[PDB]
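The model below depicts Non-structural protein 11 holding nirmatrelvir (bound form).
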There are 2 protein chains.
Amino acid sequence: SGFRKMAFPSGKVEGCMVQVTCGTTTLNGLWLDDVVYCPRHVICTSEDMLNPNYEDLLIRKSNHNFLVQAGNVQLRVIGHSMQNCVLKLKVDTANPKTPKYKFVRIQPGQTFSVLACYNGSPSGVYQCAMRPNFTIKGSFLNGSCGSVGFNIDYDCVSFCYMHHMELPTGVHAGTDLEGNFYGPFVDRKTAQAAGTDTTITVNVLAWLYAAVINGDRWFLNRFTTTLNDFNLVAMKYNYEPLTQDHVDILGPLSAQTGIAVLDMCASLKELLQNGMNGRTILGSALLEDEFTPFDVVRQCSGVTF
Amino acid sequence: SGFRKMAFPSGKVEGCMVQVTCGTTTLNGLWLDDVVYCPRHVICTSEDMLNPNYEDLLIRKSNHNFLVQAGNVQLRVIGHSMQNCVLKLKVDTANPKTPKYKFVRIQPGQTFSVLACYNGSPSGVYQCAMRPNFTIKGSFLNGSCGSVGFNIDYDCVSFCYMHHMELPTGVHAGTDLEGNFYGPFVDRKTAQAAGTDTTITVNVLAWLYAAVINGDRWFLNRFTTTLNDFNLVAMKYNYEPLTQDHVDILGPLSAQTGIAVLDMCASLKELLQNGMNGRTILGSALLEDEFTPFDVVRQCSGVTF
Ligand SMILES: *C(=N)[C@H](C[C@@H]1CCNC1=O)NC(=O)[C@@H]1[C@@H]2[C@H](CN1C(=O)[C@@H](NC(=O)C(F)(F)F)C(C)(C)C)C2(C)C
Ligand SMILES: *C(=N)[C@H](C[C@@H]1CCNC1=O)NC(=O)[C@@H]1[C@@H]2[C@H](CN1C(=O)[C@@H](NC(=O)C(F)(F)F)C(C)(C)C)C2(C)C
């Protein structure tokens, strides 16, 4: 028993992190086979970042201008190209620690582990949700760019995020590993705003299932609802619409607990209308939306890698 | 910016986890050089666990009765002994992935990363505090025993916890790597109770410093207090006494923010007496006590390994 925010074990990603330096600018890169992937703003001076022309900056760079270090070892750069907002540095050495991997673009509402890194060295691991406004609530300082987000499925690392920048209210924005931003953000040092987030309804329901599995059952009521009536009532509390796809992915938790999804929706409706009356759910005084249905099943049935 | 519950990168510990099976019973072991350390209840049938005589069970075991697997590879057991509540299995192969390591006994109020494991395979990593009642709020299922807790200091893994059991209200108990329990618990399947926990005052103060560093400052008042008056007022809220040792370890955060420790204590006194008046601190509606002063500094200044 017990329910904790849990990250994937980071080892498979730790063996892929390198340091990339171009002139004055240093950040992290991800070394897979004989390619290093890193944020393209490595080629920028702090002045260039205010209004960069990356194509123009990159013409005036050579292979040798990129210093790539795997611990103490320099990796020789033998080619370079830009794909959207990421640089690809071909190196003369394949990373012997390359795991089986895929690049995936995650959907809003889905979670991943972040391995926060500085100077090519891992510092910490935590779990994030891709918010509906295409930001993450991370923890990143100067030098963190090129830190990656990932999921692990048995032996296979699905890389989904590379860190680029911090917005107002300390939230974070970045790209997939093809260099395409999540959300309407650009890699330019100019004021940008996230704009309005929403509560991930399916994840709140997943976490209420987690709570029941752990013996927290006070919020279960005797009622059901229609999907229609639930979505009508929940809209005013800035909850995203619950779709039949969402109901389908809750099926395993519904089946395991013998609580129909629309019965749990009736309990959620009462929490939204009445509040928690000074009670906690899994130790929290607020409804939690950063656990997916898969996150609940994996932890409350012990999947390994 | 941003402040997240963050675990140490797990790779150095992932390369030490093996599966140990004795007859019918399987759990995890930690392979360092040519020794495997695991909970001694691996030698028990479920019936033996009700009232075990471990010394008697172990006499009737041979080296070959211990099946140790590192992924697919069986490690030959060439010797065995019991130290308190852990078994030590000497194997014929030194673990080539053994990190620099130490065994440490952690103090109540200190944190560590847990690598939850099943069948010798890592599943997840999370952060725990050793509670003042010598339990941890973990997430552990059947087969999790032998999962370890640790801290990483540059290259050096300090192992501090090995998992043995689950108590009432889903809290967890275990040993140091010399097999000595934290708290008054025994490895016997009979009802045992944790008894009353306390709030780790120095960690609540560390987290209020984290909040200020992140721009959450509404709770800062114009007052100071004496250590004496603070401890008198806080006692009724089941906060542990704040000692001069605790004030000393807050010094770096105090120095960094320019907020004296007793000024923050005056702010904490007002939160305890008045509540949060419907406000949050770093997104929480409750005061958080599972971040050490070191945890705040490391995250809010980016230490790597
Ligand atoms: C990469 N190492 C950093 C990561 C930042 C630093 C503080 N916390 C983080 O997550 N990335 C940057 O410094 C990027 C980089 C120029 C400016 N920048 C920003 O993150 C800035 N934010 C923005 O410009 C904004 F608002 F648009 F998001 C900053 C004010 C420094 C936080 C580039 C090329 C975008
Ligand atoms: C090791 N793999 C498990 C870990 C447990 C299983 C459920 N969650 C956990 O953390 N350890 C055990 O099963 C130990 C083991 C016998 C019984 N046991 C317990 O954890 C039990 N608890 C207690 O006996 C109590 F209350 F004293 F802590 C159980 C009821 C199964 C949770 C031994 C030898 C103690």
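Sequence lines set the chain letters: A, B, ... in the order given, protein chains first and strands last, and positions in each chain run from 1. Looks like X-ray crystallography, 1.8 Å, at least that's what the header says. All ligand and atom numbering here is 1-based and tracks the order in the structure.
Other chains, heavy atom under 4.0 Å from nirmatrelvir (bound form, ligand 2): B. Residues touching nirmatrelvir (bound form, ligand 2) within 4.0 Å, heavy atoms only: B:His41, B:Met49, B:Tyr54, B:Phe140, B:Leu141, B:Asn142, B:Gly143, B:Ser144, B:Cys145, B:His163, B:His164, B:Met165, B:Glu166, B:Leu167, B:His172, B:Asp187, B:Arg188, B:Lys189, B:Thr190, B:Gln192.
Residue B:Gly143 approaches nirmatrelvir (bound form, ligand 2) through these ligand atoms, each under 4.0 Å from one of its heavy atoms: 2 (N).
The structure places a covalent bond from nirmatrelvir (bound form, ligand 2) onto B:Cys145 SG. The closest protein non-hydrogen atom to atom 27 (F) of nirmatrelvir (bound form, ligand 2) is B:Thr190 O, 3.0 Å. Per-residue contacts place B:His163 under 4.0 angstrom from the following atoms of nirmatrelvir (bound form, ligand 2) (heavy atoms of the residue considered): 4 (C), 9 (C), 10 (O). Near B:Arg188, meaning under 4.0 Å from any of its heavy atoms, are these atoms of nirmatrelvir (bound form, ligand 2): 24 (O), 27 (F), 35 (C). The shortest N or O to N or O distance between B:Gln192 and nirmatrelvir (bound form, ligand 2) is not under 3.5 Å. In this structure, the protein non-hydrogen atom closest to atom 4 (C) of nirmatrelvir (bound form, ligand 2) is B:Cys145 SG, 3.3 Å.
For atom 30 (C) of nirmatrelvir (bound form, ligand 2), no protein heavy-atom neighbour is present inside the 4.0 Å cut-off. Protein heavy atoms are found inside the 4.0 Å sphere centred on atom 12 (C) of nirmatrelvir (bound form, ligand 2).
Residue-to-ligand polar distances keep B:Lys189 apart from nirmatrelvir (bound form, ligand 2): every N/O pair is separated by 3.5 Å or more. Nearest to nirmatrelvir (bound form, ligand 2) among UniProt active-site residues of chain B (least heavy-atom distance, to 1 Å) is B:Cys145, 2 Å. Scanning the protein heavy atoms around atom 14 (C) of nirmatrelvir (bound form, ligand 2), the nearest turns out to be B:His164 O, 3.4 Å.
Of the residues of chain B in contact with nirmatrelvir (bound form, ligand 2), the majority fall within UniProt domain Peptidase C30.
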